[PDB]
*Asks:* 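Handing you a structure now.
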Amino acid sequence: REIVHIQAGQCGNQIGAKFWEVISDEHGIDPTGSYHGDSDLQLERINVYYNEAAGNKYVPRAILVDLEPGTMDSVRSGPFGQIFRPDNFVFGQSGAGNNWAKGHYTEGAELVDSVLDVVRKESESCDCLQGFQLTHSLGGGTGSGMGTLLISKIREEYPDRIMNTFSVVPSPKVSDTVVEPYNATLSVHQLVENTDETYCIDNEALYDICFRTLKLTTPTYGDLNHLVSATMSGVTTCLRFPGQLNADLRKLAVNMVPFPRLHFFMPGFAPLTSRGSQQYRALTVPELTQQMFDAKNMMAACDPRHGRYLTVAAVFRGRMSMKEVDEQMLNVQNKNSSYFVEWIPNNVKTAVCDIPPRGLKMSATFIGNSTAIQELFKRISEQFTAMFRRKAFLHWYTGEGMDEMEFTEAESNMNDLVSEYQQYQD
Amino acid sequence: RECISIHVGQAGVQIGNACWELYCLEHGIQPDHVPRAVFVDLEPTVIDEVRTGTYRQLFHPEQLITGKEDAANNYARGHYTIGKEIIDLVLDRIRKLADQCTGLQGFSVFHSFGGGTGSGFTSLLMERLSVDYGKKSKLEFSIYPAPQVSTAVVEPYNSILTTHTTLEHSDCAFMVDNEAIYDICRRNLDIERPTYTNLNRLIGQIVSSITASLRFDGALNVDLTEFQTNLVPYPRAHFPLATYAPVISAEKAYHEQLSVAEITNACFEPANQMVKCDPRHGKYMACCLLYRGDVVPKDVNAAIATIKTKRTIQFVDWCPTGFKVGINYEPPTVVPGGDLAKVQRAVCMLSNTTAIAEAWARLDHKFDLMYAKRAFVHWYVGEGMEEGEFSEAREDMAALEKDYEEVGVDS
Amino acid sequence: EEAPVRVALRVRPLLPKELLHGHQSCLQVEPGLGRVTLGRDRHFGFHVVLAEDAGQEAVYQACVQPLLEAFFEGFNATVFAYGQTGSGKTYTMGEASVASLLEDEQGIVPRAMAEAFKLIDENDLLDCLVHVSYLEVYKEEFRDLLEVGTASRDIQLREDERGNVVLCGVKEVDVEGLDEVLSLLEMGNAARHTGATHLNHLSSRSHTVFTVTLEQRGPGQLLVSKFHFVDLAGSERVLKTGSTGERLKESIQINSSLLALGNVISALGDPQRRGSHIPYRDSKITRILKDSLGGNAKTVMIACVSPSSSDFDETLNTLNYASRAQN
Ligand SMILES: CC(=O)O[C@H]1C(=O)[C@@]2(C)[C@H]([C@H](OC(=O)c3ccccc3)[C@]3(O)C[C@H](OC(=O)[C@H](O)[C@@H](NC(=O)c4ccccc4)c4ccccc4)C(C)=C1C3(C)C)[C@]1(OC(C)=O)CO[C@@H]1C[C@@H]2O
Ligand SMILES: Nc1nc2c(ncn2[C@@H]2O[C@H](COP(=O)(O)OP(=O)(O)OP(=O)(O)O)[C@@H](O)[C@H]2O)c(=O)[nH]1
Ligand SMILES: Nc1nc2c(ncn2[C@@H]2O[C@H](COP(=O)(O)OP(=O)(O)O)[C@@H](O)[C@H]2O)c(=O)[nH]1
Ligand SMILES: Nc1ncnc2c1ncn2[C@@H]1O[C@H](COP(=O)(O)OP(=O)(O)O)[C@@H](O)[C@H]1O
Ligand SMILES: [Mg+2]
Ligand SMILES: [Mg+2]
């Protein structure tokens, strides 16, 4: 089973960079070098995220897309800047303007067909394709406009596979681009009709974890991308190793969403410790069962306690007992059982791998869907319609082919997407 | 003929892994005859477990079947298109095994409901076997859904659609659940790490009490075909409950002044029978036993007497006696990595009760709650289903529970 | 300005080829009592019940004549053709019907444009302009039927700040006569008879969209009325399970669109659910009926039911659908 990876945007570029720099270390891959796992267990399923060419090189089957050559030139000169086949770099020399419509109408359309050529080269390059990994951000037409333009051509091209969306939704109180939030509405207008799975990521929860719970003072972005890389690495290839009870992307797709409105997801990585001090003899699923289900250790900007739960998708890994999996899950089904909505009896999905990570003895990964994302996209809707009105620095978008009706239909689509969760909270 | 068997589902494949380890130890099967069964799964990884280290060298590998497509844990997708590409090769391999055997006995089927993958493939597999080899023995064991210890989100819908194919394609059926096996591993095994690798040993222990050294070299046989019309009252394919009693440790449980009658009476104690079908109101219609080890049959026709004279575990009114006594000479066998007892006599049991409809209510109301809001329907529409099959499955369970209402306790 | 739902029921008379196989009847239409005897026990009431002796002018005077006043008073108007394939949906709409030669045998479409110009010249004080638009919906996509071809990936939907459904990429013709209307609908049907000029692979399984629209302006009160001619797909359901590999997506289209529309009308079924979220966003034909379903609009439901016993359970499913939605 085979999956490829998409990188759009500078933030998506950094996310993908640290992701490959983690996941190649899990299989034991020297950058120029080869497999070096001391067991054969790291080798048995490497056809997922790699392709053999010469017994030494193992090329990551990935996509390199930006509207600026300097960011990917910084990537290719960095730590693992030799592991990519450089033809996979795809970029125009044009402006990386922050308009969604710049990346979706004109200055993305200059670069769509090359990306389509690369994904048609790499889809049927090898055996049966499984899914697609979209890492991008909403804070740039690189990720917002050209990202949704890519996957909107993909789902008309490939109606079969799974569209993993890794989005960076701008946090409301820490909004580091003042001219941003139109791009969020335009992005989410054409996410909800194309993908199936979106693990929305919010930066302020990462600052909350690494800066409050972890006592590491400096919030260097390498640590943030390191945490997001650990989060996504506790999803896919963890379920593509030997496991006691293993799943795939499609099982979580059938488990989590009620409806085919595809009902966005909240990721979470369980073991978070201060660097050396937090050795504490509290190491089990149980401590991790409690660590996943708090207001922190949740990458949503919204508070996940404030609202119901739809589906707990827990991913466990390490040598462990299933009775003290299901017993802890019954405790979660009984304590918070008020906002754990009752008419779906099992709200839990269990994913068990055999292997630990490289250094840690046991770890877990949480994937969530609550009604609390209503009180994140309502806040984004409020920040949209607040400074939609005065229009005085809105006329950047009009001359790029964007019309007046598109914004309002995007508003209504995102707003009744909020309204269905306004319904199902009760 | 050793009931050439099938296995499907990661539960089914691993439970056959431990069961098959018990098989290849209990006869002194060296790693140098032939494995007399097949392993089929829609994921290659669970099969490549055994195809990597232990028992890869044992097996001729040219006869196990994998599917390179998706896992597809939903009854619609598992029954339909994504499992269509595998069924024919499986049929040709099992007909090769039907040709190489001579005077076979039947089919023991190991799968589960917990996920659509080992359910719909299982369903049309049993359907095609009823077309091909319907004048044979069809025994099926599936792992029953949990009432509240459940794992899959989509846990009901698979089993609800699976209640049709278990009706008109097998006759005897076993549905043992995880929950009270965890209760066994806490209470009577006396460990606090229950992993599936021991539950698989327990089901392998109960099937090794059914079949293997009984049929293979030895002379005191008790027939499978003398079960399938000695365990149903009436030929609606009812659902007996099997229970392996001496689950005590060979480490701490040195109650070594032990006889047959203790575990014999412990075959009828409520909180030990691996399902939530205690005789609170369920009554007994047939309680065929199998003993292995040492038998003074005075213990048999004294334990039967002292159960008969309780008037608390009341039998069926119309069924006068329903017993059949299996006596085998050979003891069970303990795997060195295992945990079982190594006791010179041992008793498994099996019996059909009334209160299976209680677990059916536990599954049925659970189905109807999420059915009421039209919960997950778009996946099953996306692999070609309809509302009418849900309606037929609902009324199928209704007909089954009415049948258990009349022909059971009511006279 | 918000009105409840009006319902019209019409039986067609029996066609010969559905009788030549030796079929019989299963209905007993009670026009005064307002229901029918389906088989023996099924007695399903409605608003307007007509037997198998009805013309297009009878349904026109019964329902469209109250619709025309509201359309000439600034209210939205929508009629839609539901029923079995062969039960007479194309006859019920009768977009500029021709082959059915007799004057009582063409449908509402020439009749509304025949009665428009009697009041257009009388309403010459207010600004009155009438423009038309004829479209097709199939495979969860669109088709400009006033065009020989335009890519459905290039045509998308919109929505305005007032809160109504807006279209783009659609040809508009300010009409001044019935000749232009029936010419463009001759061409519309002549360029999509089997389905957008292509080999009929159940072209009646698609949806087709037509819309008449009148504006109102003098001190300049902008209240624009629409007179929709919606023409739906068939009421039947195809099991289809293995037909051509994985290409049962046509069944996915109609089954998803009508389960979505069924959840919409069943959300109007229980009055507890009519304060809930109405899932228009599952299908395009549901989004085009968003402002059409209630609000300031005007709604007449017509489900072409079958007379014979050969269509017994399918007409039962149709009557169940109308009893859940017929309102
Ligand atoms: C022997 C050992 O485990 O020491 C750890 C360690 O003590 C802790 C502090 C590590 C340490 O990580 C962090 O503090 C951290 C910093 C920024 C963002 C996220 C985490 C560690 O950096 C992390 C790292 O742990 C790993 O090696 C995991 O396999 C990790 N892989 C990488 O971090 C990695 C390193 C080099 C290149 C590429 C990747 C992993 C685990 C799960 C999923 C993905 C990756 C190492 C050795 C340690 C330190 C350095 C202290 C912890 O994090 C992870 C992901 O393992 C935080 O708590 C976990 C486990 C430990 O408590
Ligand atoms: N007792 C026992 N139960 C198991 C074991 N493995 C899994 N189960 C349970 O049985 C159910 C069936 O396992 P699955 O892995 O879903 O088998 P499947 O339905 O064919 O689906 P796949 O994942 O594709 O194999 C699971 O939901 C588990 O809850 C096991 O080893 N022992
Ligand atoms: N956590 C994290 N967020 C980032 C990083 N770089 C950028 N972002 C966020 O991503 C948003 C958009 O970045 P992006 O669109 O990729 O940059 P662009 O491609 O040049 O437009 C910005 O608002 C940043 O807040 C990073 O290294 N780490
Ligand atoms: N009530 C009716 N009165 C007279 N003719 C009818 C009636 N209903 C259907 N027909 C005839 O049946 C023919 C085919 O019906 P059609 O409208 O194509 O069915 P549908 O559009 O529902 O598939 C039409 O040419 C029409 O003349
Ligand atoms: Mg399995
Ligand atoms: Mg027709």
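Quick note on labels: first sequence line is chain A, next is B, and so on, each numbered from 1. Counting starts at 1 for both ligands and their atoms, following the listed order.
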*Asks:* Just wondering what drug sits at ligand 1.
*Replies:*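 At ligand 1, it's Taxol.
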*Asks:* Find the chain in most contact with Taxol and give its name from the PDB entry.
*Replies:*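 It is most in contact with Tubulin beta chain.
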*Asks:* Help me out: which other chains have heavy atoms closer than 4.0 Å to Taxol?
*Replies:*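 Other chains, by heavy atom: A.
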